[PDB]
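Notes for the one structure printed next.
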Amino acid sequence: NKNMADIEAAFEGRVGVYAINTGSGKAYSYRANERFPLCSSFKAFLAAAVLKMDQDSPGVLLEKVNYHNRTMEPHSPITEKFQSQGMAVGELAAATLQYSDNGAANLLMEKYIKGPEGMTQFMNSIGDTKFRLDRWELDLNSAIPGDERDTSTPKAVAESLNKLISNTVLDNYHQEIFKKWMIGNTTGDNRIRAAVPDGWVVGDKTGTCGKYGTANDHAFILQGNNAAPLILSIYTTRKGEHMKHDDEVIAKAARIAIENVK
Ligand SMILES: *C(=O)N1C[C@H](NOS(=O)(=O)O)CC[C@H]1C(N)=O
């Protein structure tokens, strides 16, 4: 528990961590360039791609999407609620990020982003050449060791998140929406957020494949007093198909990474 190698050994699996202090440049890396399953964590970038489409076509966020005749994907807490009358594109983006909504992700990749291929192209176009999304929900969650489908690296995820808040892709209006969505994420209280002092503000997106004990979290962290953000990216997976994940391992890794870049 005092260092990342000991956390990983006791977890019995693979832990990948990249953190950077965007003010000082201090970074921390542990298997930062190895591949891990994305699970739900791509959904933050999907929401950002929808924001960019609206940036490039003002009004997209208010277009309405109807899906009355759909069999809703498991883990669709918002889209199942609104099925009777549809949802605005911007609320689908908010739902897929803040609630990890699976229906919202597939709907947006069916009608706006051009499938998993289009998701990958968006990431590629901002300079992320590690990210690949290959399949739809929920098959993208298989998390098979050695399978590079639907994977990225901890460092690539961190760097892409930084790009999305550092004026390289989204204008300041759309960046602010993206950052408010991340800060309002509902699913991360037991991961990176569990490692930060009260008073710091965290915007994060989690992922939990349900296979191979695979779970992750990436975030920007605002210490306050106008400090530049910390970026943290933490991915884990294990060898056995039905092994369970462990939130506390991610939180322990977060404490180490924060200590080394703060
Ligand atoms: C994403 O990985 N998922 C969607 C949903 N949210 O859990 S999450 O916040 O950790 O991402 C349920 C688990 C998982 C899935 N089975 O799709």
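Residue numbering for chain A follows the PDB entry, covering 4-265 in order. When a ligand or atom number is given, it counts from 1 through the structure's own listing order. Excluded from the calculations below are hydrogen atoms, water molecules and symmetry mates; all remaining heavy atoms, backbone and side chain alike, are included. This deposition comes from X-ray crystallography, 1.9 Å.
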Discussion item. Quick one: what's ligand 1 bound to in this structure? I mean the chain with the most contacts, named like the PDB entry names it.
Written reply: Beta-lactamase
Discussion item. Can you remind me what the drug at ligand 1 is called?
Written reply: avibactam (bound form)
Worksheet entry | Enumerated avibactam (bound form, ligand 1) atoms positioned under 4.0 Å from heavy atoms of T190 | 9 (O)
Worksheet item: Can an N or O of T209 be found at a distance shorter than 3.5 Å from an N or O of avibactam (bound form, ligand 1)?
Response: yes
Worksheet item: Counting only heavy atoms, which portion of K208 has something under 4.0 Å from avibactam (bound form, ligand 1): side chain, backbone, both, or neither?
Response: side chain
Discussion item. Please report whether avibactam (bound form, ligand 1) has a polar contact with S103, defined as an N or O pair separated by less than 3.5 Å (distance criterion only).
Written reply: yes
Worksheet item: What protein heavy atom sits nearest atom 12 (C) of avibactam (bound form, ligand 1), and how far away is it?
Response: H78 CG, 3.6 Å
Item to complete: Would you mind checking which non-hydrogen protein atom is closest to atom 10 (O) of avibactam (bound form, ligand 1), with the distance to 0.1 Å?
Response: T211 OG1, 2.7 Å
Worksheet item: To which residue and atom, if any, is there a covalent bond from avibactam (bound form, ligand 1)?
Response: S43 OG
Worksheet item: Among the heavy atoms of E76, does any lie under 4.0 Å from an atom of avibactam (bound form, ligand 1)?
Response: no
Discussion item. Among all the protein's non-hydrogen atoms, which is closest to atom 4 (C) of avibactam (bound form, ligand 1), and how far away is it?
Written reply: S43 OG, 2.7 Å
Discussion item. Hi! What's sitting within 4.0 Å of avibactam (bound form, ligand 1) if we only look at heavy atoms?
Written reply: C42, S43, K46, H78, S103, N105, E140, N144, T190, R194, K208, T209, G210, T211
